[PDB]
Colleague: 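The following entry shows torasemide complexed with Solute carrier family 12 member 2.
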2 protein chains.
Amino acid sequence: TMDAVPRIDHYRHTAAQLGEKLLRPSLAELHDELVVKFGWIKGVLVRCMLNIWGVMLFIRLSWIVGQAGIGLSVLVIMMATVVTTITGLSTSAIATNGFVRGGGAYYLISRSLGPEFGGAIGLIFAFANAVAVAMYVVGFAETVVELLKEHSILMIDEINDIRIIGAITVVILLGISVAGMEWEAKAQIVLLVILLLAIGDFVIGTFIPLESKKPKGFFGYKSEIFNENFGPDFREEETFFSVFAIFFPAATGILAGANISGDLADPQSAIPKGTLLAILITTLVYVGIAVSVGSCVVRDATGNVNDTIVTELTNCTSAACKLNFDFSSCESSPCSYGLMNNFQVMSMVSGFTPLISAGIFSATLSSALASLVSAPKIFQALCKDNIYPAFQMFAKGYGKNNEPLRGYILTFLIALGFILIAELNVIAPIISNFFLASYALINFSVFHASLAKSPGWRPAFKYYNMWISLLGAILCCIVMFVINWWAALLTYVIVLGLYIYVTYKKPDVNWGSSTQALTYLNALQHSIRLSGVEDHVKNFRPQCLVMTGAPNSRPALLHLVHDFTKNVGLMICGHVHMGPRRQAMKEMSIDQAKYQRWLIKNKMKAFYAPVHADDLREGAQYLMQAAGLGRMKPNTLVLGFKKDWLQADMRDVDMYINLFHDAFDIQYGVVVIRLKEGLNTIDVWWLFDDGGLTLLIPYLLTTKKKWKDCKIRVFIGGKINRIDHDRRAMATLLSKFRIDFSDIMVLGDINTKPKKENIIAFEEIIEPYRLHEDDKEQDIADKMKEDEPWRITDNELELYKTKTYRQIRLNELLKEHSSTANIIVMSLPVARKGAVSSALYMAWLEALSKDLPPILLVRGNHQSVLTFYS
Amino acid sequence: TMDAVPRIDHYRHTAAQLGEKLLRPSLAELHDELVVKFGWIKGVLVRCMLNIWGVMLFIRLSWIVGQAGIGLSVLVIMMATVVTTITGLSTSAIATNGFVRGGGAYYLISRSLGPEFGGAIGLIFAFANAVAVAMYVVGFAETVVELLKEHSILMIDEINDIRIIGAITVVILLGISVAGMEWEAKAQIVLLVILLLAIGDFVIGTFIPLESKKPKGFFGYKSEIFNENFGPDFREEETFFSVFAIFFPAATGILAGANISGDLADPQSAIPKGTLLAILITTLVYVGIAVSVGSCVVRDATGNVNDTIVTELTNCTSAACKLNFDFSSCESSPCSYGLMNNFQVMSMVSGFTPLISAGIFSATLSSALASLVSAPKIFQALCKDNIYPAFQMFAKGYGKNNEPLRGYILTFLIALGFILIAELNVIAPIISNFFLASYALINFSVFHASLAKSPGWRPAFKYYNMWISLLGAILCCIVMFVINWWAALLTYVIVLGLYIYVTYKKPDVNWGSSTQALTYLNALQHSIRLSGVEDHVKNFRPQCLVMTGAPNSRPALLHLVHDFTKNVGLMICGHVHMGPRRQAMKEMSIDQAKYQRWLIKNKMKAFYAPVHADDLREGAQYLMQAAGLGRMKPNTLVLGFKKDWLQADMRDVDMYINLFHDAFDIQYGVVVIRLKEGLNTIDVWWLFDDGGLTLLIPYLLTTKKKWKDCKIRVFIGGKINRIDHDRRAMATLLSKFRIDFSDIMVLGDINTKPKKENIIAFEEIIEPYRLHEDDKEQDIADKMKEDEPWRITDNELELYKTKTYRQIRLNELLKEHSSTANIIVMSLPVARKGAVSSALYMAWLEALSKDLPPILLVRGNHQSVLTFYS
Ligand SMILES: Cc1cccc(Nc2ccncc2S(=O)(=O)NC(=O)NC(C)C)c1
Ligand SMILES: Cc1cccc(Nc2ccncc2S(=O)(=O)NC(=O)NC(C)C)c1
Ligand SMILES: [Cl-]
Ligand SMILES: [Cl-]
Ligand code: NA
Ligand code: NA
């Protein structure tokens, strides 16, 4: 049947080849008459879980649960979890749209809402990961240094030992990462097993209370300790929000699995479930460990065997005394340790202490490895789009699975430098702010997509309410402020600067962002609003349709039309295409884009309006009948003077004059512009009341900065002995309209016979098109029907001598008075259709406008365009 | 010449008679073939000066100067003058645009920025003036009560005497106001003369030092007092902002002259200059009096001759002794005189004593008279505007000059009630905030008019910078908050409530406000923005041109098309008008308004688009070639099934089919809707790949609240023995597009001969259109060019039997399967142009769709409309 059935091969044209077996027929033919890929578990779940988990489970979780209450600590965890889950829901929604080629969160953000935000967030996120690797390596070095300092071993000052260990660790991590994407997965699995072993060791040792640890804070699940550990016992210059700020970074790292989207077996399924499961499991483990530590250890303790453990005569109505006096009465002296003074509680409540030490080692190393892997991927994805041209390179992949070795080396260098600094406690909040900004950008991506009701939003993952996403972005910003407000300001400024730079760069890319859909929707909504507004005389605007063909053919005329339309009124540059329909469609499709881009590149607020018809008359008919939307429709027809009418087929001149006639018939106002295309005052000779357009146009000219210094001087026609009366009337009328005029000149020389020379010149010019009916018999009635109506009938030439003499005399007056004007505006002669031939009308116009400064012959609708009523 | 020269009579038609000869010729006729008025001084200057001056020049200015030094008091006056001068500049700008028919600031505000704000501000301002009448009368009563209590002539308490005196004065003022406008002006002049006499008396007395007043603070213009008082004191619980709030109401009252616009000889010349002169003179007098009082009286004093006045040896480091010791050394014991404890200081520092009291009487009475005059004016103007229908009563005018007698009575009643309350100290801030809100609305009117760039702005008064006006409105809001913050919140709430009520009432009025111009400018700017956005498959929208004629003939089809276009994509209702051009233009002009209003009233976000042409074919050509603006152009022709084609001239059917053909030639998509107009699943039978529109339309259908429950079930064609493979392929394709489907059905019964009965029925239906070439001879070729291309040839009928049987069998299948669907979407058969006659195409469509639920035959553009990439 030649009509192809729906087939995936038809739509598959970017990630594969359709081939000969799949090719949808075009409408014309029917019409025209004749590599490593990971699963969701090992690719998203494990990476997300390992990135989320860190030293908080073994260092600060006990301190947080002590400073705050069990209930308040659980609340802090839950609120951080809200912020991360909302972010994860938004990420899954943005990832279940189409095929994600690679990159990571940068790819999702860019393909969602445009290269500007995409590049800003991509650079920020890549830098954040490149510095996070160094921070995690520094944490590992700190843990190793503390472990060796607890013994006698040491090489150099603590800082230098930290630097050495960090450098060795970073070198090893870079080697492992360069080894490949499978070795890294094996190492991640090993580290996860070790960390789970450490967690289980802590939980097992919390169930075995050894008396030797009694002088410590550990007691072994005593309900009295639990009841005493509620409430916010803040023993410092800190508060609830300080604890929240300290803990929240422990909820981050939820985008690790989506950072390697270019290596997943199948995104759109692995990312959502993997990320959500990782968030759930990590939050559950955090809550469990918080409660466990809060039900075993007392806040304060003075570890000492000599400490009274016999519970002699006393009351000391605290939780500790409820079972024994061990680690009691340090409310005045700074007792050694406890749930609020020792950060190794997890290492003591546990069993095998080196098991917990290895758990911390794995927690830091897994995060470092994940960051080192993820940052180069984002950088290479952002570089492959050439958003920052200098960053070209750092995008070449090596081996079967394209791996950014150059990005790997760059991340290694950045991490090594930041480790060489070795003092990173002041930079962590900036990195946290960067991550929070990325989360907020993802949430805003989802919200923007839901706001712009693009039919192609079509996300495969539900449970992504737009309002929840907006609330999540707001919460991300608020949490960003809650910790290191000045860091938040710095990140905001950096993001805004990058966004502005990218917007000004205007990169050559087009992805289908929600920004374009929202632009269309905004235009549609505003047009629909405007369609319900009644038109008023004082709200009239010149809405011009300029017949120019190619808008670049005559630039002076286009600029002039722009002057009195730019920012006030509509401007449609109409172009008529002629020839066969087939090639005409392709030519119009090319020209539309070419000329719209040309206009936008020259600051012309005009609309290109191509049209295909047999002749210019029919195309202009199309435009004057249909061009426009609702109330934004042309009311004025603008033409340029047919400067070549003298040497041109009379059919073209007839078409020009017929354009005039159809413009008048359709109740349009006609503006004919005659100026020298090759490349003071404004004189307005408006002698017939067209409704005011002749005055409105030059006033709008004066409203612009190009004609601000030009003063309007008016010319009118009067009767001798009555000059002053008419001048006063014109001055009063102009004052009522509030149009400033430098001078008013009343001329009685109109209606007088022009000179003999000018009449002779007009006759000589008009001779070739004269019919000369008198010199011929009735046979001439065939020329008037075949070689006509171009021919000028002697009857009309004698019946309209007044108008011809008026045109010649008016040209004389214009030359004598307005020769020094910057622009002339004059009433456009109107010829009744059927009474005057096209050739005679063209000759009238040519005689009127010949050899003068830029001139505009204006004939308005005759509907009132000005008013003096408020 | 029948062309009329410019003349004021053509444009003078709304506020004056046009006349016989005052009628410009219409473009068709030339182209078609064939009592008491006041001047600016007595009307604006005097009223503004008398309203601005209150009891602050004799009661509170001295206390203010005492509380804050000379410099700080001068600063307060200057800042209040900034707020008022900005307001006055905006008022002059808004009043020098057109002829101000009547009313006051209400008329200017309404004619500037729309009936909503106009009515809100008018009601609030009228109420403010009415209440101010009572407040000024209460001030007069208080002054008289104090004067008579100084001599113990009070009767029936004090408040109960204030009530009686105020009632008598209000009755007298009402009588004077009813007496006419000239008598009020004479009384105003008399009061002004008295007040100037009082001011001059104070200034003269300040130069006549008298030892009698030595016990009082007055000393005689001594420098030492000036240096002492040049600095702030701010005694008691007083602050700079508190004194500024106390003083600022003194600067108000600048709109008294503009409130009399309906009785001025020449507004646009009297209001601006008069108001500015009033502001200047009042501020100058205020500054002079403040400085003079600060240079002649000490802040503290104790008036007694027995007190120490010798100035003998005494340390008294304070500067009060610089000239004498009279009225000194009460820094601990409260004093009874001075610039901080006595308010009658002016009366004491003057010459004749009762003349100051007379000046106070005049100041308090002139403001009351002005308010009682102005409030009815504004109320009558806003009532003649008929913005609140219940208030149409208070619009009648009496006498030669329309005088709102009912408004006068209502204002008198309101003032009498508020005087009967007699305790207005708590209501003054409300009135001040109302006045400030009016000032802010005037400034925002000027700013909004400058924002929208309508050519009709054209204000005759310069010096009105838009940013200055916006700053003035902001300052007015801030000042109104500064004093009585809760009063400011209450006034804001009242203004917003009135604005919402007026917006929802939708009054039937059109004045060409700045809001409409801004709507147009916003739409144009958004369209210009959208014109620069590149096109992407992800952002494709269905932009439909529905050929419906009158948009109310078939409501069901319009609803159906609007369901999948509202909020997503454009919708243009195209109507073609035939007949003579002259009458056609008027018909289209009326129809455009009628149908746009009908659409907006019916909640259709569509655009009515009428064209004039001699046949539907070329009108649709106009629409498909030119309709739209920039990137908001249609790409899908929507047609209703010709249900009468069986009984209708075959020229109409040929035009319909050629509409199809031209739609395809212009590479448009085509949607044909067949549904019953007189009186839950969506079945998509898309069998040919059109690019995806057949699938994209029903999805958008399911995207709306009216089709949320319906589930999409798909039907495709397949080969027997491989049904499951094709079903899996279709399921995968739909999942990649993210279009939810309840079921997929693969049909092998296509391309099979339908029932004999159905073929016989099709033949019977098609019988009276066959060319019967075999039965006839070569002469039949004439019918192919005279009765054709309607006639169905025998060659085509025999050569396209497969397609006809396909249509019949497809209708059988749809009746068998989709008979219970809420809507059906099917692939529209495409007939090669020149190969199939129009009648056979129509019969194909009829056979395909009949005895079915609502159906959409969709033939997409064959360009990809869906994508599974991101
Ligand atoms: C890079 C960076 C910057 C700022 C804060 C964090 N913290 C995070 C982040 C994600 N998951 C857990 C944590 S954590 O709870 O602090 N555990 C942890 O081992 N942090 C190490 C840096 C010592 C990480
Ligand atoms: C109706 C009203 C409400 C609130 C404040 C004012 N004050 C104004 C207004 C205009 N010019 C001067 C003043 S004034 O300086 O306060 N003098 C004065 O006599 N006010 C009298 C009410 C006693 C007026
Ligand atoms: Cl992350
Ligand atoms: Cl006022
Ligand atoms: Na980790
Ligand atoms: Na007054």
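Numbers restart at 1 for each chain; the letters A, B, ... are given by sequence-line order, proteins then strands. Per deposition record, electron microscopy, 2.6 Å. For ligands, and for the atoms within them, numbers begin at 1 and follow the listed sequence. Computed over heavy atoms, backbone and side chain alike; hydrogens, waters and symmetry mates excluded.
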Colleague: Indicate which ligands or chains correspond to torasemide.
Modeller: ligands 1 and 2
Colleague: Tell me which other chains have a heavy atom under 4.0 Å from torasemide (ligand 2).
Modeller: B
Colleague: So, looking at chain B, which of its UniProt chloride-binding residues come within 4.0 Å of torasemide (ligand 2), heavy atoms only?
Modeller: B/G54, B/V55, B/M56, B/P249, B/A250
Colleague: Give the atoms of torasemide (ligand 2), by number and element, whose distance to some non-hydrogen atom of B/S432 is under 4.0 Å.
Modeller: 4 (C), 5 (C)
Colleague: Distance to 0.1 Å, residue and atom name: give those for the protein heavy atom nearest to atom 12 (C) of torasemide (ligand 2).
Modeller: B/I52 O, 3.2 Å
Colleague: I'd love to know the other ligands and ions under 4.0 Å from torasemide (ligand 2), if any.
Modeller: none
Colleague: Please specify which residue and atom carry a covalent bond to torasemide (ligand 2).
Modeller: none
Colleague: State the atoms of torasemide (ligand 2), each with its element, that fall below the 4.0 Å cut-off from a heavy-atom position in B/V55.
Modeller: 17 (N), 18 (C), 19 (O), 23 (C)
Colleague: Segment by segment along UniProt's transmembrane list for chain B, starting at the N terminus, which ones have a heavy atom under 4.0 Å from torasemide (ligand 2)?
Modeller: 1, 3, 6, 10
Colleague: Which residues flagged by UniProt as binding Na(+) in chain B come closer than 4.0 Å to torasemide (ligand 2) by heavy-atom distance?
Modeller: none
Colleague: Check each atom of torasemide (ligand 2) against the heavy atoms of B/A132 and keep those under 4.0 Å away; list them by number with element.
Modeller: 1 (C)
Colleague: Which residues form the binding site of torasemide (ligand 2) (heavy atoms under 4.0 Å)?
Modeller: B/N51, B/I52, B/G54, B/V55, B/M56, B/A132, B/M135, B/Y136, B/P249, B/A250, B/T252, B/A428, B/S432
